[PDB]
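Here's the structure we're looking at; comments come further down.
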Amino acid sequence: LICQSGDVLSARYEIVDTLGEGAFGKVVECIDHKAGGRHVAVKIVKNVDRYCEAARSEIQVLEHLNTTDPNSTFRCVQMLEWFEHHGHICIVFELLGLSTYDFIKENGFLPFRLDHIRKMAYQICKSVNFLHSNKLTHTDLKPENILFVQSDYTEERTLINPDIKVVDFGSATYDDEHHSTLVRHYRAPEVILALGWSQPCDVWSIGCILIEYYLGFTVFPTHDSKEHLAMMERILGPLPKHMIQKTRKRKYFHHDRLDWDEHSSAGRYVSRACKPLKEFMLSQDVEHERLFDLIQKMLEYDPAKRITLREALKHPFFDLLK
Ligand SMILES: O=C(O)c1ccc2c(c1)nc(Nc1cccc(Cl)c1)c1ccncc12
């Protein structure tokens, strides 16, 4: 909320540029003048209470992981400190590279080479499973929350070092806590249908993330609940009967079916740009297919019967990493 370059925060950090913006506010690269000049990333949070207590939660999550895993072994972003600055909350992070979304974005939305996807997939899975081990759900996993450590590339840009870290913990919730409904192009189905969530909804996102690394685009491109539900079914097949029945938000559930118009102009938009999952493959080579096996397991409709990351890390697709 209106900052600028060359500025100084809390008499220590000097803004050099802006790494990105969001509804919460922004992230800037600074020079830390009281730590020898190290570049760091600083998250300045708009002074709206909604974002202010998200930030406060985030700080306690970040402090938990940071003490439990001070080595960043499990690759969750490291918080260096926080402060207040004219009513704005500021969180200081280790400085990292581009988002995976941003990197793809500036590469013509070319996808990642499968061997890079594998190492990325492994680290995300391993990192979030850590959160999962500690009674935490991220709820907000997306390609934009996964950043390369160094995002240098050769060039059709080829990424040098696919090492990543997992970042935004504003939304992360403990099991010991009340389970929200916030708002998003990667929400699990047990989330849209207001049926309760927990660790298995992180796994859903990871599936969606891995389709995107593979194709270079998303396959659930709509911030509309109905459109999404229909996309889900064209790609993954029929929604389980029981979930449709035991849903509080039983608005678009007519005669126990999805009350969507396959016949409407908007319907054709859903059909014209979505096919069954396995039709998205671009090779039928063995390792392409191990991957889609994993993705299909991750995209199981029933969170109760959905693969866990503890399992996912043992899947065939990762064998070459061993
Ligand atoms: O939320 C965090 O924990 C969080 C923590 C660290 C970074 C971050 C978000 N976002 C960066 N980039 C970014 C890119 C686009 C939009 C926005 Cl808002 C931010 C970034 C860059 C370099 N080093 C650390 C970070």
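Nothing fancy with the numbering, it's 1 onward along the sequence. The analysis underlying the following values was restricted to heavy atoms, covering all of them including side chains, and did not include hydrogens, waters or symmetry mates. Structure method, as recorded: X-ray crystallography, 2.7 Å. Indexing begins at 1, ligand by ligand and atom by atom, following the structure's order.
The option from progesterone, silmitasertib, vonoprazan that is found at ligand 1 is silmitasertib.
The chain in largest contact with silmitasertib (ligand 1) bears the name, in the PDB entry, of Dual specificity protein kinase CLK1. Residues of other chains with a heavy atom under 4.0 Å from silmitasertib (ligand 1): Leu19, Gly20, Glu21, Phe24, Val27, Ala41, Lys43, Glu58, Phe93, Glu94, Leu95, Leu96, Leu147, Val167, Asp168. Counting only heavy atoms, silmitasertib (ligand 1) sits under 4.0 Å from the following UniProt ATP-binding residues in chain A: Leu19, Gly20, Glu21, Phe24, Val27, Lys43. For silmitasertib (ligand 1), the closest UniProt active-site residue in chain A and the least heavy-atom distance to 1 Å are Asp140, 8 Å. Counting residues of chain A in contact with silmitasertib (ligand 1), the top UniProt domain is Protein kinase.
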